[PDB]
Amino acid sequence: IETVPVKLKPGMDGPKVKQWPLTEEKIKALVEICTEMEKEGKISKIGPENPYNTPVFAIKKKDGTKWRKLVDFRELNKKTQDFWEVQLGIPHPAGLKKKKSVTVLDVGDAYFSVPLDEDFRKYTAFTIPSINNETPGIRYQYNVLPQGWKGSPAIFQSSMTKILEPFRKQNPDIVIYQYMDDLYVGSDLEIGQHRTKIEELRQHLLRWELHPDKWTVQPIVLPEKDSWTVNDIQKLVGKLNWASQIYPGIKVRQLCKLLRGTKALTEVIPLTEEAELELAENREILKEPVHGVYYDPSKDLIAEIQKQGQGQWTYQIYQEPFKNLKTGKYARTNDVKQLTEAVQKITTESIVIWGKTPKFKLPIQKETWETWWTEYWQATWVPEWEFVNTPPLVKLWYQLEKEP
Amino acid sequence: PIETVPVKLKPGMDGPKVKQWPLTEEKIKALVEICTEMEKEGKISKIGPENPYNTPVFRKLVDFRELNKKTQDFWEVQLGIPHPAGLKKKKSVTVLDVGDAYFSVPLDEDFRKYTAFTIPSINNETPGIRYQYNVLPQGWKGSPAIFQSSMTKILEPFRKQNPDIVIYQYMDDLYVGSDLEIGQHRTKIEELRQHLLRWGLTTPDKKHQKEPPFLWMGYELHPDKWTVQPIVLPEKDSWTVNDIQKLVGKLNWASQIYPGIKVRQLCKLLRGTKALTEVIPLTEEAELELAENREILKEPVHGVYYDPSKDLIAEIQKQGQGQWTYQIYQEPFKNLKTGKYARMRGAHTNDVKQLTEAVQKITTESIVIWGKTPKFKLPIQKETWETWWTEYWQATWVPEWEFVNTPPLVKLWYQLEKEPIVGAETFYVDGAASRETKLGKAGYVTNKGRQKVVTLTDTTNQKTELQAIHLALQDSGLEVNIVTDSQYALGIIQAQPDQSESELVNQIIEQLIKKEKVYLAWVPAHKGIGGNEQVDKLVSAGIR
DNA sequence: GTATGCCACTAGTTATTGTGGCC
RNA sequence: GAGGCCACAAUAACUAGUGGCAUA
Ligand SMILES: O=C1Nc2ccc(Cl)cc2[C@@](C#CC2CC2)(C(F)(F)F)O1
Ligand SMILES: [Ca+2]
Ligand SMILES: [Ca+2]
């Protein structure tokens, strides 16, 4: 078996990411996993002359609490991006988002057979740390294509089409998409004979349930009141005035006109005819599909999340602020747990629709997220994330989305 | 045979070519004496014209900062060091200092030529004696990482046959610990010495081995306990900036085992630019703090090691003005370690929030030192915590803690209304400032026809919006509706601050506890919203 | 009038000084 | 050849993003 030469962009250095400290139960699990991977030739111990490093974690994965190892190849993936997108880019099927049911399968073990270019192995270095820095740190590097590196499916992609090409002739109205270590299978067939059709594929490759059209953007709905008070108008005006950055046709001019002079907040205010009309067009703008937003493939996707309270979270996927390609609500345990499942939901939905993962903006302190995110992580990829405040009007606006 | 480790220079760089300055005769006679012996033991070799490099002769024989800058990086070892509270109790402990550490590891052959150096001639009429290293040089960037790596391979077979014996490598030292009775421990120590000797590594014999306690990294390590080396914090009638820096260093060093240390008041005295000689007058609340610190440090303390079969308990206490201390223990009154947590300072933060960050810091430290998170005991009721975190935009998570009734508790001094108060007077507040003159005004107008404006000097837009809320509270009754366009001013009030550095916000918190019902609302500025418009015209008169 | 500062939240970076070590 | 190296801390500097405001 012959290796594809790989290379960093010619001004780049290798990953030198510091290892976040691990619990004893996960250091032990990693030591066990890595001696078995080394015993099978997949990784090799390295000396101190290798200066690179990439973080490593342990997650409970495959619905069973047998530990899995997750290497965080985010920095390496950025440093090899022209390799795995421009040169050997997997194409994304626009039809996949339209199948009535899509299941996801782990194709992770397939990389283990394929070797990895000699001159690239040093950049896959990682370090099992030790409690209280009491022992120096166990260093390895990959000899075979690593799960979690984006160049892995890029290299294995030519071999992957030959495993599935016989399947494609059989079921020509089934769509297969590969994103990193995952296979997304698209079918319009009934849910009962979907599982039989997705097993036979699973059985087929060993010899070597998403509903995307259920996803749908809900519209904003405004208060409906028999009586309006000064306070109700002021709250509504502040929201609609902010929301005009999203819907430029929204107007508050006839609502502000009702607030003449220095009124007590509880005073009742009869909506004049001009007010009733402005409110009624405002509603229709919000009930209509938002318009003027279109996906730009040269831009990063961004996912923002607001803690709504009582186990409820709102989220938006966009590229330019206020131009939402998608919005939605994730419902039900603790904040970190819920936030981890929201991030995973939004990322696979993002993989299905565009073939890319969004960069997340999370409403949590970094150090708390860095302590607990592997506690519930089940995915083989790790999105990019950063940590943000949530302005009050944002939370107040997306709290108005209609529920299923 | 210890195998060499391949070492390269940084991409694009050649080796050092620095000039050797002339030296005194009494210095050159000593150098040729040191160097001829190092040649006889094979650590260096005479070189000649074939070598174009040089590094000036100098602890260290040779000064390698140029070579070190051109040497490749290493993913380097002893990033952190153990903290003593993470070690386990032992019956017997030994420390072996490896004598000929670097002299016993051969340097990668093709790298040797870059370590060249010259002993110069006396009158410089002659050229000098030129040498290069065959072994790891003292002071070369790679020697620690390469020695450590070699020592780890040498210790693998011995570690494997002796699972019960813990060996920690630290620079040239081996710290060897066991639960064996002293005699059988000494049998193991000497087996370890023989193992090391096969590779040429020499260590002190039993007669020459130090006895506990061991001085290590400023700690004093016993088999069953640890302490810091004793702190001495001086007594001066005039304190200089450099002196105050020295005190905060000693105090922050002491705070890992001495509980309740506090530095926030001596830290304020180091703010601003000031020469290191400037005699700084101690503020008396700093003098008070320096006093209680001298009290803490007069008692003796020690920490205990970690029993991995008990839970760790962490307990936090509020110390006032954004300061917090904590204690980690597994058996009551037997601390593994203590520490402190201090807020940003300039900012005013809610006490539930400050407490949650203390927990966050302690949780991270605890995973580093023991590989598991503790059980917390916190001076906060489980429903005080619940009402605050369910009403806050940010997520957090403390897996397990419980209320412990040690005052000062943390509590929410006031509770704002969710709905406007019927029959209470509605105030519209506003402020205005000019940046050039730093002059401003703050005021309100009221649905019942009342209004006020006050003029402020040396102020900001942000201060005047708070002053305006200050006035509406000052001049209303126990129930009031207040309307502002400052999401800043409003956010300070909703995120109920602890007592802070600003007297304005402290007055406001005081005013708000005394109230009976308070509803606060935000409206956007410059929209023709009544009330807000009227008060804006008032307050902006002398200012725009 | 877009351009700024003002500070609350979020995230940092390079320098000095100090404590405790090391070379 | 004017000391570097590690952890922690303090200080200063450069801060940047989000938000509402405040003057032009
Ligand atoms: O785990 C333990 N327990 C322990 C107790 C007392 C002593 Cl004095 C020493 C130790 C030890 C160590 C060490 C380095 C911190 C110097 C030893 F390696 F065992 F020596 O580590
Ligand atoms: Ca204002
Ligand atoms: Ca105003």
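Lettering follows sequence order; numbering is per chain, from 1. When the header is checked for method, it gives X-ray crystallography, 2.6 Å. Start at 1 and go down the list; that is how both ligands and their atoms are numbered.
Out of zidovudine, tetracaine, venlafaxine, efavirenz, what sits at ligand 1 is efavirenz. Looking only at contacts, the largest set of contacts to efavirenz comes from what the PDB entry names reverse transcriptase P66 subunit. At a heavy-atom cut-off of 4.0 Å, other chains contacting efavirenz: A, B. Heavy atoms under 4.0 Å from efavirenz belong to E134(A), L87(B), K88(B), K90(B), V93(B), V166(B), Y168(B), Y175(B), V176(B), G177(B), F214(B), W216(B), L221(B), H222(B), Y305(B). As listed in the entry, the molecule name for chain A is reverse transcriptase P51 subunit.
The deposit credits the origin of chain B to Human immunodeficiency virus type 1 group M subtype B.
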